[PDB]
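Heading - bosutinib complexed with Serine/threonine-protein kinase SIK3
Chain A corresponds to the first sequence line; subsequent lines are lettered B, C, and so forth. We number chain A the same way the PDB entry does; the residues here are 62-335, 344-384, in that order. Chain B is numbered as in the PDB entry; shown residues: 1-128, 147-264, in order. Whatever order the structure lists ligands and atoms in, that order sets their numbers, starting from 1.
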Amino acid sequence: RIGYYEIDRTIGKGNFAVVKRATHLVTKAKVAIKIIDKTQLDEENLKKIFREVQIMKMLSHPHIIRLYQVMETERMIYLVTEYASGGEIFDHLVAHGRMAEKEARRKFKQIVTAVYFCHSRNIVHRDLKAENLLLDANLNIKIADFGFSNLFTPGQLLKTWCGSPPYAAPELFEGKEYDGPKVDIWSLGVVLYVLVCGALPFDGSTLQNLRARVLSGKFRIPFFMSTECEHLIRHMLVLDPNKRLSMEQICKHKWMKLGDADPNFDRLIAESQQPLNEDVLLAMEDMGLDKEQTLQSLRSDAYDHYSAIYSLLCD
Amino acid sequence: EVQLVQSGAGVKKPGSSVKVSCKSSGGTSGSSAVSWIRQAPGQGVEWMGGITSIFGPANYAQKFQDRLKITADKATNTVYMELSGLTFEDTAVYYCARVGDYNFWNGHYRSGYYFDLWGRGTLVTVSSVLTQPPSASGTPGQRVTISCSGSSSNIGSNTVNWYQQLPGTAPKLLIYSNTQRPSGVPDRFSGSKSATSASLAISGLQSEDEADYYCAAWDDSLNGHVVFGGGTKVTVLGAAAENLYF
Ligand SMILES: COc1cc(Nc2c(C#N)cnc3cc(OCCCN4CCN(C)CC4)c(OC)cc23)c(Cl)cc1Cl
């Protein structure tokens, strides 16, 4: 239907795009496909799609959605990524309400691990929201949609006022040049609140009303929320960006250290502070694909027919 | 054709939690904006929560945030409501109501928060802002007026809606968006909004109009909520004595 992909159904939408589930014809695996029509796109929008792709190519992490292939025709651009079977966290909150702090701590640990790794590779998401935090088949977080993402240098100020309004930091609304990671830490605070409360800390009927709420920095802490969790959120949702917790301080918070000892979380946050599958290559050789050409597509970050098949087969 | 079917009535012991369902059956099935509104015996109607913005999963009224959980099964078109830590004050009729203009919401459009469709109600019993006159009256044929005073954050900023509630029934939309009348409402009923106050006028009063009238508006205070009036019991009095010389 579209290259080596037979399209199943529309699973979501995006800026001038439609996301559709599809099946790889040679590997029978499921993928997500963003179909962008280039006819409704301008020079600035096309550059914002190239940057999104170039950022997704730099990020290989267990809690980040993996880009497999990029296909481009004279009128269309298709982005093929791994399929998050469980869908958005937002839809899971609509179905079951607020998450228990034990269950929320597990997901939040996964969410910060991915965001820490992004900041590690000098990248800021800038669009963290419940509808962008997807779940795999085992209900584990997979961060997605790097449309607003950008590269940063520590100590620099960004000038792109983008993000999901309910999760956007106050400085974004004010049009102030900001520090990238601090904007993501505000978003993470909102994410943690919506996970444990099943509602937003700042909400309104219109964007004008939402903005007024975000700029006030005042929000209700419900009775069910622990004093340890309240402390963490109150130290992330701080109007002055400099008085917000750092990603390292968030990881070592009393709420984060609560419950059972998690050495797997520690060995993943330490990895951010920094083989070839010959069996797959033999199977690809049988399908009529050259071993040296497969290696050359992997070496060059082409994200072509050979890149996608190796990646899909490694599951 | 489209109707909200609620779960049956029940008795809960104090401390326990109650779950109420609201399945959308008939006609235009798809996506809706169901809210949960309760009414204690002989008391006014009160908004508890529901979907009221394009931004978040659910919005709860400050009073109910701590004990309410509002969920939805999109697959079966059923919307749930779970109220925990029940007390004798929670004995009431729980209604589910759909916001009429959901299909226009886009973050810029300001919704009217008028309740299009309502469920029959679920009676849950525990055992072991807007100023409206409490009552109004008039003889048949007269024009009775009900006032509804508010603040800048509610009536001053949002549209006013009016609901008529007959005995043993859920409230029904009477006036939406300050002056509009849904199909079925006669020309006798008319609304009006001025600064932070609203008014309902029932011209040519009929015995069939003896009902409770509630006024409502969105309030932008806190994360937003729909506020209701205390209610007005309109009583149709007996016609005046007739002079026999004319
Ligand atoms: C590839 O292009 C992009 C795609 C995405 N979006 C997704 C990616 C990715 N990535 C991965 N996996 C996703 C899975 C989704 O839902 C899966 C389950 C749906 N079921 C359908 C019907 N049944 C009834 C129940 C639920 C989903 O829809 C919400 C979007 C996903 C983004 Cl955010 C950005 C880009 Cl650039």
I'd like to know the other chains touching bosutinib (ligand 1) at heavy-atom distances under 4.0 Å, if you can.
A
Using heavy atoms only, determine which UniProt active-site residue in chain A is nearest to bosutinib (ligand 1) and give the distance to 1 Å.
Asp188(A), 8 Å
Which UniProt ATP binders of chain A are under 4.0 Å from bosutinib (ligand 1) in heavy-atom terms?
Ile72(A), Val80(A), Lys95(A)
Which single UniProt domain of chain A covers most of the interface with bosutinib (ligand 1)?
Protein kinase
Which residues in other chains are near bosutinib (ligand 1), meaning a non-hydrogen atom under 4.0 Å away?
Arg70(A), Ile72(A), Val80(A), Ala93(A), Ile94(A), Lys95(A), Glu113(A), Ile126(A), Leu140(A), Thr142(A), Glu143(A), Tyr144(A), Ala145(A), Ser146(A), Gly148(A), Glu149(A), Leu195(A), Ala205(A), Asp206(A)
